[PDB]
Protein chains: 2
Amino acid sequence: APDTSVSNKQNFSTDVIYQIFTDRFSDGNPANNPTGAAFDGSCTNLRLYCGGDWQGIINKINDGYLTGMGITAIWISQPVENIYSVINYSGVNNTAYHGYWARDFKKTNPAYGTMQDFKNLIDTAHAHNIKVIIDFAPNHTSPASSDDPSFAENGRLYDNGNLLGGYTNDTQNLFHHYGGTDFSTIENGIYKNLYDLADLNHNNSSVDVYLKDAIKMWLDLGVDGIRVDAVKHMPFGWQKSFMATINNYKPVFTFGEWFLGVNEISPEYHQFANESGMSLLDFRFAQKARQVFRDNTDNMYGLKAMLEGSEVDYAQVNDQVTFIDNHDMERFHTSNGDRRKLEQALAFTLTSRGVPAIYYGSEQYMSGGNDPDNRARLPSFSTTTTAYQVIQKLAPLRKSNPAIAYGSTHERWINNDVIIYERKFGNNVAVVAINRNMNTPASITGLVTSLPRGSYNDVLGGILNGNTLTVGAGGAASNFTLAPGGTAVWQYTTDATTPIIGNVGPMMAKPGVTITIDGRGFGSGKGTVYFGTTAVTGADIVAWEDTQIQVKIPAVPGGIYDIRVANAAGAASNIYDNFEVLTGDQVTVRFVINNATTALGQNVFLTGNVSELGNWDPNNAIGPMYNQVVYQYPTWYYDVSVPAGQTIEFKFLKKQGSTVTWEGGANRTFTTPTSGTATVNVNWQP
Amino acid sequence: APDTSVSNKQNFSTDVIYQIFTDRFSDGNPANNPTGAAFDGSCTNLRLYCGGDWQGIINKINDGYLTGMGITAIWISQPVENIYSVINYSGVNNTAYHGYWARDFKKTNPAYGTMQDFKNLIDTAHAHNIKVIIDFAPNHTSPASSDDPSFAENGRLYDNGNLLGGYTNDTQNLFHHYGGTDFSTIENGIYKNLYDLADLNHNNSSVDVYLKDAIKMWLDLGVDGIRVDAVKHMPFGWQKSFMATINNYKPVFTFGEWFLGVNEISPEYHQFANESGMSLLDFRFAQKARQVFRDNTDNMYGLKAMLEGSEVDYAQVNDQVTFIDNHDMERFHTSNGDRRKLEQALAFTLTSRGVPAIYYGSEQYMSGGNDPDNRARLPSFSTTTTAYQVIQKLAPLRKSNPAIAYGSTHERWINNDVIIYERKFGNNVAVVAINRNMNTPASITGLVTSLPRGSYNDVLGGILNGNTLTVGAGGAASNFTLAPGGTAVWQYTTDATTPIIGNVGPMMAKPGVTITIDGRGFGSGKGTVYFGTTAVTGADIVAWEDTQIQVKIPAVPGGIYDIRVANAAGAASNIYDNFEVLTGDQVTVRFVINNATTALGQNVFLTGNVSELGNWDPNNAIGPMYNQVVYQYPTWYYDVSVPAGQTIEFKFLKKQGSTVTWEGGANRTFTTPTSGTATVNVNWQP
Ligand SMILES: OC[C@H]1NC[C@H](O)[C@@H](O)[C@@H]1O
Ligand SMILES: OC[C@H]1NC[C@H](O)[C@@H](O)[C@@H]1O
Ligand SMILES: OC[C@H]1NC[C@H](O)[C@@H](O)[C@@H]1O
Ligand SMILES: OC[C@H]1NC[C@H](O)[C@@H](O)[C@@H]1O
Ligand SMILES: [Ca+2]
Ligand SMILES: [Ca+2]
Ligand SMILES: [Ca+2]
Ligand SMILES: [Ca+2]
């Protein structure tokens, strides 16, 4: 099937995501509305249920509101049954309208709909070529107090109606009981509770298996993507075994939320995007885009530096989900802010690298502060706003122009207020020019592009005051004045003769899994896929066509491989690196080491004989291990994804700067479980 | 030996070449000076001999003039015996002072020195770590008139004293007798005479073998590089067999001259750089640098487009020889024009990609128009000009900082008069800021670089009004004013932990030849070199150290290969592409096809079964063939380098866009000569 197909659940760069708070979009079925204290039909108390549901989204796909805008994927609230309690927090009543307070991950939230309503939403979305992404929040169940078991539903977890347990009297340790986080360390934020939310214990085998069975059920119902809540707050080794469960079963595009503030660049955030098996909401993009287009706290050089820097720091930049606002920030459009600012920031996001997400109601110029005020019901379904038309004109280019979906980003002209950038993929080109200054025109002289000679018409049709671009010989444009607030997009597409890989999904899986390689120029006849120097041909290539190849991962040793395609004529593609072949299915094992005393800046790590443990390489060792909450120094601990059902060999080490101190003695051995978790508890061998 | 060693004859990106017109630099031996009418000791008449010789160049290496400037390679006038005639062109007397009128390619020009002086020059240069490049001009001998055999020496060619023949009564057909070129087409400029120079006929086996024995003789005398004259004027297929003779024998850096005018971008020029086996004087760079820093006929946006476009169009941009003026251009500095223009442009060239060449006397601010006025005797040997000091501070960086020798070029800040670019190779960084505006300071706000946080001294120590750069977190530099005319260079080096290939030489040779791979991070232990998927290890790697590997080309089929290095730990490098493995030694064969009538825009091409003939691929066929001068339409002809001593199969095809029309019949076979040339004259087969 081609790369742009709705059946491509693995890669979303050709898509535009519309993020819906299900309760706040459309009430298509009033019979499923919560009653009494839990419901507010006027939606003026934004902490209560207003009535929006899966039938309302079906109705808006059907009548052309969503499809008219060019949307090709929707991201909805977590679908699972939530608690029914109305919680009073300091006067204000609060309900689970947002879908984040789960009680049963195997059932639906009936305010949103039934299992049949969910099936009908999947089938309507697919019939209209829209992919469906669901939130999934495996970190916690709901607000709970173990001291007061009558508060809310005491964080209770059920498995298809069957009670597994609550927070009070948790004799099975389904939950963490360490108090609440103060967010001081990443360790602190993982094992302590977020606010009053009952923290699930993923080291408990019943919790691990339950959540893995639950995600497979939603994959069996046809979902096409997953957005994981609070990835900063769950053990990264458990989330890698969770991603291996998805990828080795039915791989679908998965991304998480790790919040970053203005000007925060975090190593851990970039490591997580690069090594977890999921991508991230691109807060680095979003925060700089709001500084340049909204708050004017940075200029075009800051935007350029973010695009140039992120291209390097994210191993797969085409998988990162970009946005200009969402449920965790003030709405981009403000009361006293010019609407052209929103329109430009949307045109920039839709033409930039990554997978663009638009927060519902952006096209209706909704304004509002932070939660709950950024989640008002959307006030209108007018299809004639400039913002609606901006998305309607640009969002189809992700499907039709491979340069927009996959290309490189090249700054061609810049000054403090103007950027002109080019996206390029093979011979496909798009050029975007943005003047954020609203009172001064920009004189553009000396613009060179990769466009062939011609008079290119602005894809926006002059609605954001764009103009035609005349390109002569050598891609040189004739000079022009870009209007105050001007935004224009120019493009050229052709068929590629060289194979070029634009995206690969999934990025981590065991031998025998089919991955999806998307791009252009592969040709019609089956050629060769290289995983390192290993060639895969014939029957192992499950499908081959010019924009997409599906191929089985060869039985190569676990490790990181470069992927390369050669078409039937032997012409080879660019290399798409950082593919992780797993040793096999994964389980999370907690490694605990006692009596590992360290100096200042010296930390304990783990390594061993499988790729999952760094293959005995100190530079790739697992850690630094943790040593504050579940166990305290000099005992260190860490939850690590490792191959299931096999005897691994390992050793601990201390590292400080360039010095590695290994444990002495014989190498340690451990036979991992086939599913569930296990704990290894040992003592430092000098 | 390391990449920066004087013994690395294959790659010159760590060098700075100083171009010397031997007669116009230093007369170190007055006893070898031409006498009488051929000589002007005062060098007032710039068309006569002034006395400069190889002993004068030895004296300027030994007294510290050249070594003090940081020069690491000299490029001198053609060393071979020239005609002795004083030619009178319309009253003006003229001699071979420039070395371009050869009469014997196997002897030295006596005015420059004996064989002994040449060997002493090689040894003195090498002892002082200077490489030696010679001109070689195999397109012609000298001014000749077949009608008047008494004019000049009638272009006579000798072979070590034995007359091979002259232009009048050329019964052996050593020369072309088609008249002079009008430069209307490439074909016209190849087979007709340049002005009155007796054009050699490379399809004559005596000429072919003589010129290849002559070059081999000079490689045996120890020369380190060859600059070939008039590459646009010899058959490209003969030039490729000549380059293969060099590269399969004693590979040295070879580059040619193909003139480009202002704003001229030629596809044939780039195709020759990429496919001939030699690189080129980078006229594209030179013309744009002059437009921006000398003439003001373009601004920094055009310089940016030149850097960014040349990156892509040259398959190996690190091998192109850059410059701002030379023997075929008016001097960059004008009579009492602003010296800071020259000083900024030299700084620009010394810190940019490729191999920089400085024309002698640039450090003495010599001015003058076109030939012979740009070749005056240099007027001073002062070592205290600002220009001498600029070369001295920046030239060593090509040896010490691999980002300047090999790195990418990245514009980081720009406006009409200011460019700030960054060179990067691994984590080595150099950042250059240039304000060409001589009256307006520039406030640089928003500069982001790859430099670590800290303060950086301008490497030029303020001599071109540069300043200290303070870099904070994120590579963001503090706001500073770049003075009018300000140029500053800031850098950071640190050792490469992983393999990075910066250059490969030669780029075209047969199996068994040793090639030189230069870069950083290869480590001291032998690793693996890949030519495609063919791993080469052990005894086939002739030498391996951290900055340089020498390895023998494996016995793979002829074709274009990617080269990649993996150090002993298995970390792999970037891919260096476009390496051509030849099928074997090369001979040039003339292919002639008669009765090949074509339509509007339909042309004849040759293809065949060796890689040299495109391997039957019509998109890789040799052509379009020629049909004007040696043979006339509908007879087409072409001189093609093919493997020597074997039976090749071939066919002709006609192409008009995408329609390929083949000859009928069984494929033609020919057994190529082992040495010399051959002609295949054949009839179109329907
Ligand atoms: O704090 C990050 C994450 N924690 C849990 C909250 O329920 C969720 O909405 C939030 O986005
Ligand atoms: O000597 C202890 C430690 N040293 C280095 C070896 O690679 C590793 O296998 C061993 O466990
Ligand atoms: O083609 C330019 C070139 N032509 C050939 C001439 O010999 C040389 O003097 C001149 O520089
Ligand atoms: O297709 C015509 C020509 N092409 C290439 C084939 O190898 C040769 O055998 C054939 O005659
Ligand atoms: Ca409802
Ligand atoms: Ca947690
Ligand atoms: Ca002399
Ligand atoms: Ca010629």
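Chains are named by letter, beginning with A, in the same order as the sequence lines. To match the PDB entry, the residue numbers of chain A are left as they are there, and the shown ones run 1-686. Per the PDB entry, chain B residues shown: 1-686, in order. Whatever order the structure lists them in is the order used to number ligands and atoms, beginning at 1. Method reported for this entry: X-ray crystallography, 2.0 Å.
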**Report entry** Name in the PDB entry of main chain bound to ligand 4
**Finding:** cyclodextrin glucanotransferase
Query raised in the report: At ligand 4 in this PDB structure, which drug or drug candidate is present?
Result: 1-deoxynojirimycin
Requested in this report: Find the other chains whose heavy atoms come closer than 4.0 Å to 1-deoxynojirimycin (ligand 4).
Outcome: B
Report task. Find the UniProt domain of chain B where most residues contacting 1-deoxynojirimycin (ligand 4) lie. Result -> CBM20
